[PDB]
Asker: 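Could you have a look at this structure, given as structure tokens, before my questions?
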Amino acid sequence: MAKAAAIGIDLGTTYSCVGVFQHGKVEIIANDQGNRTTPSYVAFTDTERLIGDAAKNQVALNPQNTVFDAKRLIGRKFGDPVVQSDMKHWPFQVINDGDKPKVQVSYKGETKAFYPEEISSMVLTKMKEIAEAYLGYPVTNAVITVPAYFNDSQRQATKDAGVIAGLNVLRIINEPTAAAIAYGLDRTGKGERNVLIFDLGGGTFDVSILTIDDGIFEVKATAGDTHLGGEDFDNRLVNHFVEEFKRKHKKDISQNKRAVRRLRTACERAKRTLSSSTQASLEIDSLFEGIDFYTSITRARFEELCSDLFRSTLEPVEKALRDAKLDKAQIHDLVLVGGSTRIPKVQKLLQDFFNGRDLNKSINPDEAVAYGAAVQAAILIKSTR
Ligand SMILES: Nc1ncnc2c1nc(Cl)n2[C@@H]1O[C@H](CO)[C@@H](O)[C@H]1O
């Protein structure tokens, strides 16, 4: 029953996703708000702890006590220059507990501090309860994914997050490996298979090159930008609309925190529409000083606004190829991961770089990692018996 069942969890920087392999198919499990992915956010309020959508939904009202980006801290020492650099951009406090970072917040009127694995365990507990509500029984066996570049300390702290969350961690697997499993790229028989995974998420960009030799995975190269993602494209749309509002009304809205956040969420929404329509409409009632902001933008203008950022995704692709010592024609498969890979211009740039090659994109790119983890969790629990 529950003991013969296992889930796959993609514990993402900005969003998490959970899947289960049963009756010959992967089911990506929708949360209680009907969403197939859940924000990796934990909010501490005057009455409760919120996780996911409810936590992300109140971030503007409670920024000091809304934790996100715990994955950027997990398994790291406080003195790590990555931690010191990132801390300057977070509205929540990060403290030092014997060279270990802790996020410090106000919860039920009291000061509390949490290790990154404790924050990540609250996200994992939510994914576990989402799976349990779908299945009708508690599932505790899980495969959890991590970036291919995570070291032993980051992998161990992720497993520790799983244990705190009440999960039996069958294995910690690499995200690009789970994505290659999702497409069955490890079951093509004999001979070395070179796979490139292009993973453009909400806040990070990762390029991974793997060689699959008779089911055995080997990481040949990892490249990318830890501070490039979908939110930079949302921000480019924001600056455009701030300048358009100034041209139409001779008013600068950039200082009105509420106006900027409402514009930001509307921009994120319009950006998604632009992946399947050649235009998107913004409909913001009383954006600033009672002025409605009803406008539109073409996909062509959006592509211009992010042109330099889309083009910059090809430098880590070339860098990974040189590190792996492979030419483009030596790559057998191209896999898309991350919601931002749905952007048609991004697909076109990657396909043209690989000389007109087909892309593996039939699985929801924001779900491919949880999909593969779910497949691996099923194989692993079946071998355990
Ligand atoms: N249809 C889409 N077109 C463009 N961007 C998208 C799309 N879906 C998602 Cl999710 N994202 C973005 O992916 C990230 C999460 O993986 C977020 O930045 C989200 O906006």
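So for chain A, numbering is the PDB entry's, and the shown residues are 1-385, in order. These numbers come from the heavy atoms of this one structure, side chains and all, not from hydrogens, waters or symmetry mates. One-based numbering, in listed order, for ligands and for the atoms of each. Header entry for method reads X-ray crystallography, 2.2 Å.
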Asker: Looking at ligand 1, what drug do you see?
Answerer: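 PDB records call it 8-chloroadenosine.
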Asker: Main binding partner of 8-chloroadenosine (ligand 1) in this structure, as named by the PDB entry?
Answerer: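 Most heavy-atom pairs belong to Heat shock 70 kDa protein 1A.
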Asker: Define the binding site of 8-chloroadenosine (ligand 1) at 4.0 Å using heavy atoms, by chain and number.
Answerer: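 Heavy atoms under 4.0 Å: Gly201, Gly202, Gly230, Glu268, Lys271, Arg272, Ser275, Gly339, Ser340, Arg342, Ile343.
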Asker: For atom 1 (N) of 8-chloroadenosine (ligand 1), what is the nearest protein heavy atom, given as residue, atom name and distance?
Answerer: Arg342 CD, 3.4 Å
Asker: Please indicate whether any nitrogen or oxygen in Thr14 is less than 3.5 Å from any nitrogen or oxygen in 8-chloroadenosine (ligand 1).
Answerer: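 No; the residue has no nitrogen or oxygen that sits under 3.5 Å from a nitrogen or oxygen of the ligand.
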Asker: Backbone or side chain, does any N or O of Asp366 fall under 3.5 Å from an N or O of 8-chloroadenosine (ligand 1)?
Answerer: no
Asker: For atom 6 (C) of 8-chloroadenosine (ligand 1), what is the nearest protein heavy atom, given as residue, atom name and distance?
Answerer: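 Residue, atom and distance for the closest contact: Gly339 O, 3.3 Å.
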Asker: Taking both backbone and side-chain atoms of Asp234, is any N or O found less than 3.5 Å from an N or O belonging to 8-chloroadenosine (ligand 1)?
Answerer: no
Asker: Looking only at protein heavy atoms, which one is nearest to atom 4 (C) of 8-chloroadenosine (ligand 1), and how far off is it?
Answerer: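 Closest protein heavy atom to atom 4 (C) of 8-chloroadenosine (ligand 1): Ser275 OG, 3.4 Å.
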Asker: I need the atoms of 8-chloroadenosine (ligand 1) closer than 4.0 Å to a non-hydrogen atom of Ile343, numbered in the order shown.
Answerer: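 Numbered from 1, 8-chloroadenosine (ligand 1) contributes 4 (C).
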Asker: Please list, in number order, the atoms of 8-chloroadenosine (ligand 1) under 4.0 Å from a heavy atom of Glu268.
Answerer: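 Close to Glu268: 19 (C), 20 (O).
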Asker: Which of the ATP-binding residues recorded by UniProt for chain A place a non-hydrogen atom closer than 4.0 Å to 8-chloroadenosine (ligand 1)?
Answerer: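 Counting heavy atoms against the UniProt list, it comes to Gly202, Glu268, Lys271, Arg272, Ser275, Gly339, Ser340, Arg342.
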Asker: Starting from atom 17 (C) of 8-chloroadenosine (ligand 1), which protein heavy atom do you reach first, and at what distance in Å?
Answerer: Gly202 CA, 3.9 Å
Asker: Please could you name the atoms of 8-chloroadenosine (ligand 1) that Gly230 approaches to less than 4.0 Å, counting only its heavy atoms?
Answerer: 18 (O)
